[PDB]
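Note: structure shows sulbactam (bound form) engaged with Beta-lactamase.
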Amino acid sequence: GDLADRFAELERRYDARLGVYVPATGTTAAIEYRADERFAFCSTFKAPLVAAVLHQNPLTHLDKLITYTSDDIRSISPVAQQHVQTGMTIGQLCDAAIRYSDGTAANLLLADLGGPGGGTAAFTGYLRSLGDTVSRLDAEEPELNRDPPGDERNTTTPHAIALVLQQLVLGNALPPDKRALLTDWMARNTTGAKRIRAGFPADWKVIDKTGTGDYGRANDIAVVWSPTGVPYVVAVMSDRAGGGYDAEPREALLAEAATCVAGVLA
Ligand SMILES: *C(=O)/C=C/N[C@@H](C(=O)O)C(C)(C)S(=O)O
């Protein structure tokens, strides 16, 4: 048969555009579907953002206390809005940014990278350093989730983001100790149970970072491990450009796409 047909059938059924990339491995071919089309990052950028902060600092930096006010809560911040009085360490912010997709935490981590545009230029530079000539981040939370479909700002490609995550989690872009921190935060993500996780059998490990936004945007990037401990990177991205800015994102589309991918990999 042809996996591409079955992805196209998902697009028809969900009235959505779907993007998939699984890098080839020692024993498997790549899986690609619209893998070089652009899709908005949404909150999926927070995994490589945490990697950028890790990369650029000794681990003692994770204890640096960042202070902020209620006026800094400008996006959905489940953790940060309950710590305005005490503030949050860079480590706590990393934790929140990944595991709770904390917007304010992401904005504070961007500010930590520093430079023009509140850290957005710095973030894009980190991606360039990892060989990503495609992806760009141009806005903070929450604006980065809400560009129209035709806007290249704040976009990546399944192919590009997959190769970034491969390096970070399974490669040598980070030293082992920084890598383990990123891996753990993603492994204990709380937002992802209905996406790639829901497409893989329960004896597979899944670590992930979700993203959600306007025009029906639903993304998930994961690293999965087979029951024998063989790893693969899975990037799935979707949107519904024809359904209006308020089109409903479809978690089940990512879960079904992931099921298709598990069938190939198992
Ligand atoms: C991260 O992926 C997304 C954060 N926020 C978005 C979401 O759908 O959760 C929005 C579009 C609501 S954000 O307020 O722009």
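We count residues from 1, following the sequence as given. We count ligands from 1, going down the list as the structure has it; atoms in each ligand are counted the same way.
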Place of sulbactam (bound form) in the structure
ligand 1
I need the residues around sulbactam (bound form, ligand 1) for my notes - heavy atoms within 4.0 Å, please.
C42, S43, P142, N145, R146, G211, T212, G213, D214
Look at atom 6 (C) of sulbactam (bound form, ligand 1) and say which protein heavy atom is nearest, naming residue and atom and giving the distance to 0.1 Å.
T212 O, 3.3 Å
So, is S101 polar-close to sulbactam (bound form, ligand 1), with some N/O to N/O distance under 3.5 Å?
no
May I ask you to list the atoms of sulbactam (bound form, ligand 1) that are less than 4.0 angstrom from any heavy atom of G211?
2 (O)
Which residue, and which atom on it, receives the covalent bond from sulbactam (bound form, ligand 1)?
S43 OG
Sulbactam (bound form, ligand 1) and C42, any nitrogen or oxygen pair closer than 3.5 angstrom?
no
Protein contact of atom 14 (O) of sulbactam (bound form, ligand 1) - nearest heavy atom, named by residue and atom, plus distance:
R146 NH2, 3.0 Å
Starting from atom 12 (C) of sulbactam (bound form, ligand 1), find the nearest protein heavy-atom neighbour and note its residue, name and distance.
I76 CD1, 4.4 Å
Which protein heavy atom lies closest to atom 13 (S) of sulbactam (bound form, ligand 1), and at what distance to 0.1 Å?
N145 ND2, 3.7 Å
Which UniProt substrate-site residues in chain A are within 4.0 Å of sulbactam (bound form, ligand 1) on a heavy-atom basis?
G211, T212
Atoms in sulbactam (bound form, ligand 1) flagged as close to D214, the criterion being non-hydrogen separation under 4.0 Å
11 (C)
Which residue and non-hydrogen atom of the protein lie closest to atom 3 (C) of sulbactam (bound form, ligand 1), and at what distance in Å?
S43 OG, 2.7 Å
Would you say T44 has any N or O atom under 3.5 Å from an N or O of sulbactam (bound form, ligand 1), going by distance alone?
no
